[PDB]
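Section: structure with aciclovir.
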Amino acid sequence: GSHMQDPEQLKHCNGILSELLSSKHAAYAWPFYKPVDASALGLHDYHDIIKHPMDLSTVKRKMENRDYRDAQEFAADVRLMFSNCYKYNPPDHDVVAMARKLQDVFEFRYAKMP
Ligand SMILES: Nc1nc2c(ncn2COCCO)c(=O)[nH]1
C-alpha cells in the first residue's frame with residue numbers, strides 16, 4: 001500500500017543510484033554499470049547459476065519508468081545485483097572486492113533514509 005512518504009524515500013533512492021553511477025565510485029562500480037554479457041566474457045554457465053540478473057542500468061530504467069513503488073523494492077534489486085556477484089564468483093575475485101566496496105557505499109547511504 002502506497003505511503004505518503006514513498007515519493008520522498010524514492011528520491012533518496014534515486015540519489016543513491018546517482019552516486020553509485022558517479023565518477024566518485026567509478027573505479028569499483030564499473031562492473032555493475034550494465035548487464036553481465038556472459039557470452040562476451042566466456043561465462044557460459046552464468047545464466048544457469050544466476051536466474052535473476054540485475055545491474056545498475058536496469059535499476060536506473062526501473063526508477064525512471066516508476067517501476068519501483070517503494071524504497072524496499074529498489075533496495076532488493078540493488079542487493080540482488082550484489083548477491084549475484086557473490087554467488088557466481090569466487091570470494092577472492094577482484095570483482096567481488098569491488099562489489100563489497102560499492103555495496104558499502106549503498107548500505108551506509110541507504111541507512112540514512114530521511
Ligand atoms: N566474472 C564476472 N564478471 C563480472 C561480473 N559482474 C560484472 N562483471 C564484469 O562485467 C563488466 C565487463 O567487463 C560477474 O559476476 N562475473
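All residue numbers refer to positions in the sequence shown, counting from 1. As the structure lists them, so they are numbered: ligands from 1, and atoms in each ligand from 1. Quick note: numbers below take in every heavy atom, side chains included, and nothing from hydrogens, waters or symmetry partners.
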Problem - Chain with most contacts to aciclovir (ligand 1) (name per UniProt) - result: Bromodomain-containing protein 2
Source organism for chain A, as stated in the entry?
Homo sapiens
| What residue and atom, counting heavy atoms only, is the protein's closest point to atom 7 (C) of aciclovir (ligand 1), and at what distance? | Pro31 O, 3.1 Å
For atom 6 (N) of aciclovir (ligand 1), closest protein heavy-atom neighbour: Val36 CG2, 3.6 Å
For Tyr88, take its heavy atoms, then give the atoms of aciclovir (ligand 1) lying under 4.0 Å from any of them. 16 (N)
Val95, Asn84, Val96: member with heavy atom nearest to atom 4 (C) of aciclovir (ligand 1): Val95
Would you mind running through aciclovir (ligand 1) and noting each atom that sits below 4.0 Å from a heavy atom of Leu43?
1 (N), 2 (C), 16 (N)
Original post:
Short N/O distance, under 3.5 Å, between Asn89 and aciclovir (ligand 1)?
Top reply: yes
Give a yes/no on aciclovir (ligand 1): does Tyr33 have at least one heavy atom closer than 4.0 angstrom to it? no
*asked:* Help me out - which UniProt domain of chain A has the most residues in contact with aciclovir (ligand 1)?
replied: Bromo 2
* Asked: If you draw a 4.0 Å sphere around every atom of aciclovir (ligand 1), which residues of other chains have a heavy atom inside it?
  -> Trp30, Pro31, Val36, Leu41, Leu43, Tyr46, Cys85, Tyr88, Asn89
